[PDB]
J.: 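Opened a PDB file with vilazodone bound to Sodium-dependent serotonin transporter.
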Amino acid sequence: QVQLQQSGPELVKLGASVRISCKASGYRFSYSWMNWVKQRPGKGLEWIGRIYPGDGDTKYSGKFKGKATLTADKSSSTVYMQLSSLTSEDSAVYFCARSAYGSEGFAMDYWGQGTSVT
Amino acid sequence: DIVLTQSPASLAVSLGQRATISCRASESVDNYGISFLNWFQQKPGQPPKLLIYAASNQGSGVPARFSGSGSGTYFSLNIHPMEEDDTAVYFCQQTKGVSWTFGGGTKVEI
Amino acid sequence: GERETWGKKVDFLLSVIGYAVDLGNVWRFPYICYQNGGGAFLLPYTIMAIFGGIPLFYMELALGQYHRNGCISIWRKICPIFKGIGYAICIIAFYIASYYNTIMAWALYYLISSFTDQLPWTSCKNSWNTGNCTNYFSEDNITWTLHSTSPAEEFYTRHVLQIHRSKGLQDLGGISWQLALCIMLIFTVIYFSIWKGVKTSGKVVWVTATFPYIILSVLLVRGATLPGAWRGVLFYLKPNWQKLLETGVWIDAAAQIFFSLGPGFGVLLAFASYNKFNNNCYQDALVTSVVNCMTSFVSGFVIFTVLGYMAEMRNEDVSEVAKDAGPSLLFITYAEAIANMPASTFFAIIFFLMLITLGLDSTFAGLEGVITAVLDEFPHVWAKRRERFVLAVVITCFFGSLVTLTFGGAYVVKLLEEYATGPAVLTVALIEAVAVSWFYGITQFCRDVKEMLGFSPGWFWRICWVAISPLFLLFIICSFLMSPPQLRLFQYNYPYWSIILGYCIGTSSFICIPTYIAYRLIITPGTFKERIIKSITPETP
Ligand SMILES: N#Cc1ccc2[nH]cc(CCCCN3CCN(c4ccc5oc(C(N)=O)cc5c4)CC3)c2c1
Ligand SMILES: CN(C)CCCN1c2ccccc2CCc2ccccc21
């Protein structure tokens, strides 16, 4: 079985920084990506970034590279993303999707609980 | 960055009709034969459970109602006639590099 | 319009040794040299070379240097009925330039796809499945599964080949545009290298045939420096005399030495048909064979010091490490070892550069052979416009090689590799040897060599060309004329109609010989006896 876990909710402060955690278990996590999406309340999902624990290959999109630097800790089976300059627009949930193998089309099979920040 | 246009953004389909959800893009996301694209479903207050691998292959633990077709630019989700339990928002998340993108979502209801 | 001589003597001595070492000496010689003993293979390599590959080499060179008339038009001076050998060797060159440039296209793709600072063989990205990934040895844990495949294997069978989109020879639709425009550059280089004959095909060799050695030296140094070189070199040089008892080692050694020296393929004739008359056709036919053998030996050292490093790192002996065909053995395990080497992105660029250069000159020679043959065959409709008909042969070889570049790819390349080099080419070579030896009296073939060089051939070659070579070619023909073809690459069992297709491909050759024999026997008048005796003797106007 595959299941993911995250931390609890936090508070959105002007200019503060927050570290969203995301665990992983039940599979060799050193070869599957760990995506991150931002589902703002009322609107659709939005892709934040990407990471590949085992090579450090991280991708981003639309200035999220300077706002959310992802970090993978392959020891405790956890991945991080150090947010910074939390603007009032960044008050949303932050899922932690696991991209599947490449042959399946990079399927975001399993998703975390959701670390909503308000 | 790829643009993922979805239409219609709202399907007012009842119980007994086959609803459709289109998903177009600039690419041509067909890569190495396996068309890089997926379909999700976000029920109110739930994580986006996955539906379709590569817009053709079923997911995991999903009934055979949610079919899938299309290749190249036009990808469609011809959902089988369902009941009021499958009222949610369906996204079209491509995966061709280098930065993936999510659709706008097409909420369905009677 | 005389025969355009070479620039220098070294200009031909280098061209022939560039033609010699093409791909056997770089991947197949170690792979065939560890399966057959390891140390008990060099002896049946040398005592088979000296008996069946070097005498044929020297015979081809002396024949081409004395007659100076190519490959298809030399038969009107040797034996009229055997003039079909030229058309047969042209069909053979078509098939082989069809299946041979695909490997160079793959090598050029690896070259142009290795400029990234991080080579795409260490990680495991989209087009490279992860469910069967992770078999790369650069991991601390001992997790392993019989289904896991290394990332280099997925790169070779899912990105360049895209073989996952072809269920075999039953369907191979879709052409790899990234390879279709990649082999076009190689064919452009080929045409722009042999678009003038020899005045440029010799100058190109000055950099295409000596550059593989400059790269092999540094690769051998790096391999010997590797942590675990000796564990592989010892296995490369470990003799197993119990393997020498089986005839398989002798068959493999004979096939390897013949298809590495390449005598009688209508190219050594075309090369020797260019240099001067009084040129020493012995000191260049005796050095090319030993240079080819030493090149195979050094490349075996390189390949197996790399394999020994890989086995020592994977915590497993040299066995059960990349046990597959040649192209896989050079594009998967060696590619992974290069991707794990310290100074990566440099030992891949130069490796693929050398891999494409030691094939470019070989294809240059293989095409120039039949080009010179067809040119000096018809010196009226041709030999005035050599700028043309080279574009024609190149476009023909390209349109024939357009089937090996589809998503099927290796599924047709392996077939054309192990069917177009079967008993057809060997029967052509046997008929050539028995025509130069038995029909054309070897007394004249010694008198002319004596009057050309200055001394008659010794009693060694005098007995070999009549008793050893025509026997060791009949043996190498009858060896796998009965062996069941079981190609089976990438765990794909070939259908039964593939055997009929291979038989028909072989029959495409060796049909021209009886065709022309009949066409020549019908024209000459008289009874059967005089009809034979007429077209056995040379013209001699
Ligand atoms: N017609 C027909 C017919 C009928 C009945 C048959 N039974 C079986 C067959 C074919 C089975 C394969 C025969 N092989 C195998 C290997 N082989 C070879 C070995 C070393 C080498 O080195 C090089 C190189 N350096 O290029 C090239 C090269 C090639 C040449 C021929 C067959 C065919
Ligand atoms: C076998 N190496 C040494 C010869 C060069 C490649 N050569 C080959 C390669 C494999 C088998 C036979 C032949 C005959 C010569 C020929 C003619 C035209 C194009 C390629 C080839």
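Proteins come first, then strands; the chains are lettered A, B, ... in the order of their sequence lines, and each starts at number 1. Counting starts at 1 for both ligands and their atoms, following the listed order.
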J.: Can you tell me where to find vilazodone in the structure, every copy?
T.: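 All copies: ligand 1.
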J.: If you measure heavy-atom distances to vilazodone, which other chains fall under 4.0 Å?
T.: C
J.: Considering only heavy atoms, which transmembrane segments of chain C, in UniProt's N-to-C numbering, come closer than 4.0 Å to vilazodone?
T.: 1, 6, 10, 11, 12
